[PDB]
Peer 1: 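Okay, handing you the structure first.
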Number of protein chains: 2
Amino acid sequence: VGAXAXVXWXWXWXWX
Amino acid sequence: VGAXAXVXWXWXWXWX
C-alpha cells in the first residue's frame, strides 16, 4: 500500500 | 514496490 507500484497511487490498483 | 508499506521505503522491507 502506497506510492509506486501495488495498491494506492502510480501503477497497479486504485489511482495514478 | 515503492514508498509506504511493502518493499522499498517506510514499513515492511528494504528501507525507512
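Heads up: chain A is whatever sequence line comes first, chain B the next one, etc. For chain A, we keep the numbers from the PDB entry: what you see runs 1-16, in order. Residues 1-16, in that order, are what chain B shows, numbered as in the PDB entry. Modified residues are abbreviated to their parent or X; only parent atoms count in contacts.
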Peer 1: What is the PDB name of the drug at chain A?
Peer 2: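 It's recorded as gramicidin.
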Peer 1: What name does the deposit give to chain A?
Peer 2: gramicidin A
